[PDB]
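Summary heading: complex between vaborbactam (bound form) and Penicillin-binding protein 3.
Sequence positions for chain A are given in the PDB entry numbering; the residues included correspond to 48-679, in order. First listed ligand is number 1; within each ligand, the first listed atom is number 1.
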Amino acid sequence: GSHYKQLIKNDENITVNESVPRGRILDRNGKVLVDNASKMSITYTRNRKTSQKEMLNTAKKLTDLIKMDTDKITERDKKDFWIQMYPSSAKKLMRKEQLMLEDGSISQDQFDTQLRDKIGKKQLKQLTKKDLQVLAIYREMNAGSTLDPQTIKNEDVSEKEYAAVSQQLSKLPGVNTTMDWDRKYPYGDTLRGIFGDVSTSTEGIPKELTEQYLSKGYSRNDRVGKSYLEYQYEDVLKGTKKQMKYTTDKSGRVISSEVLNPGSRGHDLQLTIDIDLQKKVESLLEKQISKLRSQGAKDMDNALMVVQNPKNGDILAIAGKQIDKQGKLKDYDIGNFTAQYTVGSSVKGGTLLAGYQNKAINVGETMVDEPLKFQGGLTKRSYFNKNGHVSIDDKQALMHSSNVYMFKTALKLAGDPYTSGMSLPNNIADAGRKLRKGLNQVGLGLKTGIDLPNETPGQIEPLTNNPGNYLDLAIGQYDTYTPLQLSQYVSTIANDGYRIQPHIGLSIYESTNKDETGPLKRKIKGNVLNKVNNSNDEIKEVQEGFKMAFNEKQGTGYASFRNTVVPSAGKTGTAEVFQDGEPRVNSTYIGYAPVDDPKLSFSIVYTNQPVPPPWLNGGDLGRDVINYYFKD
Ligand SMILES: *[B@@]1([O])O[C]([C]C([O])=O)[C][C][C]1[N]C(=O)[C]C1=[C][C]=[C]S1
C-alpha cells in the first residue's frame, strides 16, 4: 500500500520517499474505532496503437485469473463483442449488404449500423458465461485512451486474484495491480462525523487546505486528514515516511545506497470515548426522540447530548441527531460544539455566581418572587408564580427556576435595584460586561477548548442601552450556547469550581508494530482553564439548589431525576423560540452524579418542542444514561 510521492534530484543524487501506514484510533478501553484496510485494484493502460484483437487477447488471459461483475455491459457492448465472437455468423447475416459495401453503394458506417440492427433475437444468446467475463474486462479496457490507466476491478479484488495477476504482468501487456489503504470503521456509522476523513489519494491535499499543508513540508500527492479528528491529530497519526538516498553517475548506475529513514507507522491515538457508552447513549437518544414525538413533539428537529467526566474533562460520549418532520434521523454529533442555541433557565447557576462575585447578592439572600412592573406597564414574571408573591432563597430560586430572582440580581448588578414602576437602566454596558464575565468563568460564552476544529463560542450581541436584552441574558434568553458549553459549565459546578478543557483525545502511543499499541508516548490532558472567582460557600449554594431542583417535589427536574440509581443534581431550561411563525421551545438539561463525588456530568438540548402546558420529560434521557452508567 506504499506509494512513493517524492523523487528529489541533486548531485546526480536521488532521494525517494515511501509512504507509511496511518495510526489507529482507539476508545478508552483499547477497542479499535478507526483502522486501516488494504484495497487492491486491477488496472489497464491503453497505448497509442494497441489493437482491438490484442485487448481481447489480454482480457481473455485475465478471465483465467479473476472473476468479474457482468453489470455495466451495455447492449452496444454485447453486439460489438458478438461480431468477433463468431465472424462467419456476422458474415452470414450481411450477405447482401457486404456486396453493396464492395460495390461502393453503401458506406462502412451504413453497413455497421445495419449489422448491429440485425440481431438481438435467439442469436445474441450465443454469449457463453466466459464471453461475458472477457467482455466485462474488454469494456473497461476501452474507456478513454492515452496512457491514463482505466480500472478493471476495484471492489471485491481478492488476494488470490491480486497474486495471480501480479505474477503474470509480464504476460499481460498494459495490465497492472495496485495496493492501497483505506480507513476501516469497525463500529459502522457511530461517531464518523467526529472521526473525520482522510483525503482519497486521487485527491491529495484538498484545495481548501493546501498551502497550510505545503508550509509544513508535505506534497500535493500526500493523503492527509481532511476534517475533525483526522485533521486535528494529523501529525501524530501520520507516519514518518521511508526515505532512501541514491548516488549515481554517468548514465545512472547506483554506486551507493543510503537509508536516510527506514520509516515508521503513525502513532495510535486513544480517545476518552467509551464506545459502549456511546452506543448506549445513541440508542437511548433515538428511543427518547421517538417517545417525545409520540407525545406531540413532531417539529423537534435537533436532539443533542454530551457526557463527560467532570473531574478531568474526558468526553465519554457525544451524540446528536437532526430530525425531520417524519422523525427520520441524520447523525449530527458535531453539533454539540459547532451549533449554538437559546438554552434558557439552565444558565441560572452561572447568573448567581456572577451576582455573588460582584457583591450584588449574598449567599442565602431571600427576595420576593412576584410580577415585576416597569415604566409604561411592561411586566416580567416567573413561570411558576405568574400571579402570587413568594419569598425565596437563591437555592429555592434554582429549584423553582425563578426568573424574578435573577432579574432582581441583574438589576442590583446594574446598580439600580428594582422598585415598582421604575424605568429600566438606560446604559447597562458595564453591568452586561460583568454578567458576561461571570458566565464566561463557568464556560458560558467562551470556547470550551475542545481538541477539535470549528468550535463556536455562541452568538454574543452588543450590550449597551438594551436593558431588556440584559435581563434576558440573566435567564438564558439572549446569548446562545453550545451543548458542550452547558456540559463544561455543569462540570465546573460538579467539580467545585474548576473549569476544565473538554477533550476527546486521551493518549498517544509510540506505535511501531502492526496491530499493537506499543508503549504510551504522551497523555492528552484536560487543562484547568480557571477556577471560578467564588468562595466555597457560593459554589456549594449553587450545588445545593441544583440538588433541590432534581430531588425536591417542587424542583423542575423531580419527575425525571428523583429516583436515579445514585443521587443526581442539575438544572433545567425551557426557552421560547419560533419556527415559521409558530411558538416552540428549546428544552435543556444539565446534571451530574453522584452528588457527593461526581464522576459523570451531561448536557442535553432539544430544539423546537411544543410550548408546554403539557410538560414533556426529555430529561428522562439523562436519568436513563445515569442509571445505565451506575448500573453496577
Ligand atoms: B427558563 O428557561 O426555564 C424555566 C423552566 C425550566 O427550568 O425548564 C421557566 C422560566 C424560564 N423560561 C421562560 O420564562 C419562558 C418559558 C417557555 C415555556 C414555559 S416558560
Binding site of vaborbactam (bound form, ligand 1), heavy atoms under 4.0 Å: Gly391, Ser392, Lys395, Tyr430, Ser448, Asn450, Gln524, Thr603, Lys618, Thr619, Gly620, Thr621, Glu623, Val632
Protein contact of atom 19 (C) of vaborbactam (bound form, ligand 1) - nearest heavy atom, named by residue and atom, plus distance: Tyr430 CD1, 3.8 Å
Identity and distance of the protein heavy atom lying nearest atom 15 (C) of vaborbactam (bound form, ligand 1): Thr621 O, 3.7 Å
Vaborbactam (bound form, ligand 1) - covalent bond target: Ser392 OG
For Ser448, the vaborbactam (bound form, ligand 1) atoms whose distance to one of its heavy atoms is below 4.0 Å: 3 (O), 4 (C), 5 (C), 6 (C), 7 (O), 10 (C)
Closest protein heavy atom to atom 6 (C) of vaborbactam (bound form, ligand 1), given as residue, atom name and distance to 0.1 Å: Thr619 OG1, 3.3 Å
Residue and atom name of the nearest protein heavy atom (relative to atom 17 (C) of vaborbactam (bound form, ligand 1)), distance in Å to one decimal: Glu623 CG, 3.4 Å
Ligand-residue contact atoms, vaborbactam (bound form, ligand 1) with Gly391, heavy atoms, under 4.0 Å: 2 (O)
Which residue and heavy atom of the protein sit nearest atom 1 (B) of vaborbactam (bound form, ligand 1), plus the separation: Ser392 OG, 1.5 Å
Closest protein heavy atom to atom 14 (O) of vaborbactam (bound form, ligand 1), given as residue, atom name and distance to 0.1 Å: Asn450 ND2, 3.0 Å
Contacting atoms of vaborbactam (bound form, ligand 1), where contact means under 4.0 angstrom from a heavy atom of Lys618: 7 (O)
